[PDB]
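The following structure: haloperidol with D(2) dopamine receptor.
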Amino acid sequence: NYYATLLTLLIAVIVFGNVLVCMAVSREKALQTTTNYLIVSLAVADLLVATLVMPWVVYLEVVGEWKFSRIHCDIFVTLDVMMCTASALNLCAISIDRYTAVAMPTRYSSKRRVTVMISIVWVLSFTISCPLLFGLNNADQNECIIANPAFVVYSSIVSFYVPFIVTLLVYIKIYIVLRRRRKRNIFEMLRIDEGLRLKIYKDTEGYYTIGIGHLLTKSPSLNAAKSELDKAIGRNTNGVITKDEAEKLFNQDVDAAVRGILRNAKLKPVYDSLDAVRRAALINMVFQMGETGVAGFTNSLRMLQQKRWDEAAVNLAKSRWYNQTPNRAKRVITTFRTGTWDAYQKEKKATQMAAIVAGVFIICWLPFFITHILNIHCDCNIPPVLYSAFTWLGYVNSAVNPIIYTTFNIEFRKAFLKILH
Ligand SMILES: O=C(CCCN1CCC(O)(c2ccc(Cl)cc2)CC1)c1ccc(F)cc1
Ligand SMILES: CCCCCCCC/C=C\CCCCCCCC(=O)O
Ligand SMILES: CCCCCCCC/C=C\CCCCCCCC(=O)O
Ligand SMILES: CCCCCCCC/C=C\CCCCCCCC(=O)O
Ligand SMILES: CCCCCCCC/C=C\CCCCCCCC(=O)O
């Protein structure tokens, strides 16, 4: 009916979005990065689906059954599985290239490496698909490989779940790595402002503290003050701590500071509103003056919530807080405006996009392999009317990816507008 015309334009927008991505990467040196090279390899898998495969899927909707040779169906199924597996194996290499960038310290060596990855993606995609042409070691095929009971079991495990687990395990490791550095930079930030002390010392208000504003005990008794420290370290403090031990002590101070921020009605919303780095600045304030003290200049706090970065910085400089510790105030206020650690970077934003495509990829195809589980779980025969929608939802992912590139990235965005105009 009229539904055939929607899909052919879906094929057209898949080609529209991806042909842009390929040229845009090779057009500008600023987008010629390891990850973006792996991204065009993903774009080529999304193009070959739209050109080699999706046309036969639309005829199958139009006509309503195969109505072509058995071997044509084998080729069509083999190639359909092959290009979707390239899509998955490309996400896997993208995540791995994101692991290396955040976790490892690279000119000609990057091009020679990415090359090796891309070569693995397609060769393996192919070698995984070759069984479908030779009837999954089942001779007298006598039928399109789709009809083999093992087909859904082979294609689901080998081409989806197993690449899905690995890519997910990498992203977890990436999250852990970024989490250690984010906590590393906080400690490093307050080491610069408060100062790191490794011998027990009387603080401003008289009580004995150590490291970065960690009071051992409100009660002043030196041997008793050692006492609380000894509980913390486990070794005989003897009033002596390592940088490391202080940091371990520091991350505890941060975690306590944060629960109080969320338990504070004046600071819960604004903390929730801010980004990771800007949150480290707000932590710096609570460390310096206390949540009740930071909870003041609500007037200034509204601006940080309203994303008014420039106007919050103008209003913060007006304070007494600036007058007492101007250098520290200016440093922190930059981090509030800049939202970066320049006062005291590139790949954390880029790695957020990588996971974002790997996530919408999964949600786009997830229901398709869900339904296939239900039939294998012998559940009430799943209506085909839905079964077809889930196929296209999976194929829709080919058109969403170039939309995500331009959405969450300025460089693809600018490279795109240059080609059109
Ligand atoms: O493999 C797939 C999804 C099935 C594609 N493909 C849809 C059409 C199909 O359902 C079909 C139906 C009827 C006929 Cl006749 C031929 C083919 C065969 C399977 C895949 C998806 C995501 C991924 F990360 C890895 C692999
Ligand atoms: C081919 C399918 C691959 C499936 C991959 C699934 C990935 C899901 C997304 C993210 C979960 C882990 C967090 C990723 C790190 C993000 C960095 C950060 O914001 O700290
Ligand atoms: C079935 C899941 C397997 C996932 C594989 C996905 C493809 C990309 C992954 C790995 C290739 C890594 C090659 C790196 C070579 C480095 C050589 C060098 O340092 O020059
Ligand atoms: C089932 C998953 C198996 C593969 C895991 C994928 C993640 C990491 C992949 C491989 C490790 C890459 C190491 C490259 C070694 C090159 C050494 C060299 O030549 O200097
Ligand atoms: C058994 C499941 C396997 C899961 C492995 C994936 C989890 C680890 C995360 C990423 C590994 C990336 C390694 C890339 C390093 C390249 C340099 C080198 O290997 O010498």
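Residue numbering in chain A adheres to the PDB entry, whereby the residues present occupy positions 35-139, 144-382, 387-463 in order. Order of listing sets the numbers, starting from 1, for every ligand and every atom in it.
Every copy of haloperidol considered, the relevant parts of the structure are ligand 1. Contact with haloperidol (ligand 1), defined as a heavy atom under 4.0 Å, is made by these UniProt transmembrane segments of chain A (N-terminal numbering): 3, 5, 6, 7. The binding site of haloperidol (ligand 1) (heavy atoms under 4.0 Å) is made of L94, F110, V111, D114, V115, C118, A122, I184, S197, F198, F403, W407, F410, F411, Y429, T433, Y437.
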